[PDB]
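Report on the structure given below.
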Protein chains: 2
Amino acid sequence: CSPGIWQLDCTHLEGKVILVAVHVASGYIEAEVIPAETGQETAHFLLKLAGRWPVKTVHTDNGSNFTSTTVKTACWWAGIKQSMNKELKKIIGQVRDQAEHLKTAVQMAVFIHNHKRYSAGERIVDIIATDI
Amino acid sequence: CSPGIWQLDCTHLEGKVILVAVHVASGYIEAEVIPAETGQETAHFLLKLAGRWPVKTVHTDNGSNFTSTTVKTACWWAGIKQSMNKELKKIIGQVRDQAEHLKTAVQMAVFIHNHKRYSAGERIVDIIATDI
Ligand SMILES: Cc1nc2c(c(C)c(C)n2Cc2cnn(C)c2)c(-c2ccc(Cl)cc2)c1[C@H](OC(C)(C)C)C(=O)O
Ligand SMILES: Cc1nc2c(c(C)c(C)n2Cc2cnn(C)c2)c(-c2ccc(Cl)cc2)c1[C@H](OC(C)(C)C)C(=O)O
């Protein structure tokens, strides 16, 4: 798929919110635990992702996520325009006993996911570099 | 330089702590504002970085940062072994008026830094992909 396309969705576990960004073409995941499913958390996360990868267009499974002027101002500043969450939840459960805080298990599960095999982490750098 | 080498340092601004990871070979930056300069924040950040990039060895300008068993357990789980912060602070000041929270300005400054020109963001993906 096009190299700048990401999917962003907010999922739930242990009464906390996990935001999950997926690089559609590669399967590569950036994920974080946020305290509330607010547009402020979405806006700040978009700004983070955009600084780290070339984020051209964002998709979601909940369009209403992208309606706050907070979020749109982030889409604007960064030049952004407008399945996998059960795999990650699976890995979270596997490693969950290895950590106290859910936020630690999520990053353990992102590590596992992006490096298991190519690996998602290998495909995104190959994709983004080919495009360059 | 070798593709898995990162430098990690904790810098201060507005009475808050900014953790700054630099991909030595490319100049690419991941940075976050943390509430306290604790080993817990360092450990969790290392786990995050390692899931996102191939992090083989970490350097720092404060060795004592890496002495907690919390941090070493993270170095261990991820398979990690053991100048730029004034550039980023410069950009933070420039964009500071554009944001209320310092944490928003930091991600604005990471975005600016990694994409200005190649760009640091282009070099890290080229470096990491060449290695692959
Ligand atoms: C909350 C926490 N405290 C920790 C550690 C460790 C190793 C120690 C010694 N302590 C103090 C302690 C625990 N019991 N006792 C009696 C004293 C870890 C940890 C878990 C897995 C990895 Cl790879 C790396 C660190 C965490 C993790 O949180 C982060 C945010 C990552 C620090 C978590 O969420 O489990
Ligand atoms: C705290 C905050 N509130 C915001 C916005 C926006 C655009 C609106 C409308 N509001 C509510 C508001 C502000 N004044 N009034 C009277 C109502 C932003 C913002 C700033 C720059 C970008 Cl590109 C994108 C969003 C932020 C930023 O924080 C994050 C965590 C990023 C949300 C920040 O740190 O400035």
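Proteins come first, then strands; the chains are lettered A, B, ... in the order of their sequence lines, and each starts at number 1. Ligands are counted one by one from 1 in listed order, and the atoms in each one are counted from 1 as well.
The drug that appears at ligand 2 goes by the name pirmitegravir. Most-contacted chain for pirmitegravir (ligand 2) in this structure, per the PDB entry: Integrase.
Taking 4.0 Å as the heavy-atom limit, the other chains contacting pirmitegravir (ligand 2) are A, B. Residues of other chains with a heavy atom under 4.0 Å from pirmitegravir (ligand 2): A/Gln40, A/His44, A/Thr69, A/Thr70, A/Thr73, A/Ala74, A/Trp77, B/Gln98, B/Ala99, B/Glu100, B/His101, B/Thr104. Atom 16 (C) of pirmitegravir (ligand 2) is not flagged as protein-proximal [any protein heavy atom, distance under 4.0 Å]. If you check which protein heavy atom lies closest to atom 18 (C) of pirmitegravir (ligand 2), you get A/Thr70 CG2, 4.4 Å. In terms of protein heavy-atom proximity, atom 21 (C) of pirmitegravir (ligand 2) is nearest to B/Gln98 O, 3.8 Å.
In terms of polar-atom proximity, defined here as any N/O pair under 3.5 Å, B/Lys103 makes no such contact with pirmitegravir (ligand 2). The shortest N or O to N or O distance between B/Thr104 and pirmitegravir (ligand 2) is under 3.5 Å. The single protein non-hydrogen atom nearest to atom 22 (C) of pirmitegravir (ligand 2) is A/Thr73 CG2, 4.0 Å, given as residue, atom name and distance. Nearest protein heavy-atom contact of atom 35 (O) of pirmitegravir (ligand 2) is B/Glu100 N, 2.6 Å.
Counting only heavy atoms, the protein never gets under 4.0 Å from atom 12 (C) of pirmitegravir (ligand 2). Distance screen at 4.0 Å: atom 1 (C) of pirmitegravir (ligand 2) has a protein heavy-atom neighbour inside the cut-off.
Atoms of pirmitegravir (ligand 2) lying under 4.0 Å from at least one heavy atom of B/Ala99, given by number and element, are 35 (O). At distances under 4.0 Å from pirmitegravir (ligand 2), no other ligands or ions are found. The protein heavy-atom contact nearest to atom 3 (N) of pirmitegravir (ligand 2) is A/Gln40 NE2, 3.6 Å. Residue A/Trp77 has at least one heavy-atom neighbour below 4.0 Å for each of these atoms of pirmitegravir (ligand 2): 23 (Cl). Considering backbone and side-chain atoms alike, A/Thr69 places every N or O at 3.5 Å or more from each N or O of pirmitegravir (ligand 2).
The protein does not reach atom 26 (C) of pirmitegravir (ligand 2) closely, with no heavy atom under 4.0 angstrom from it.
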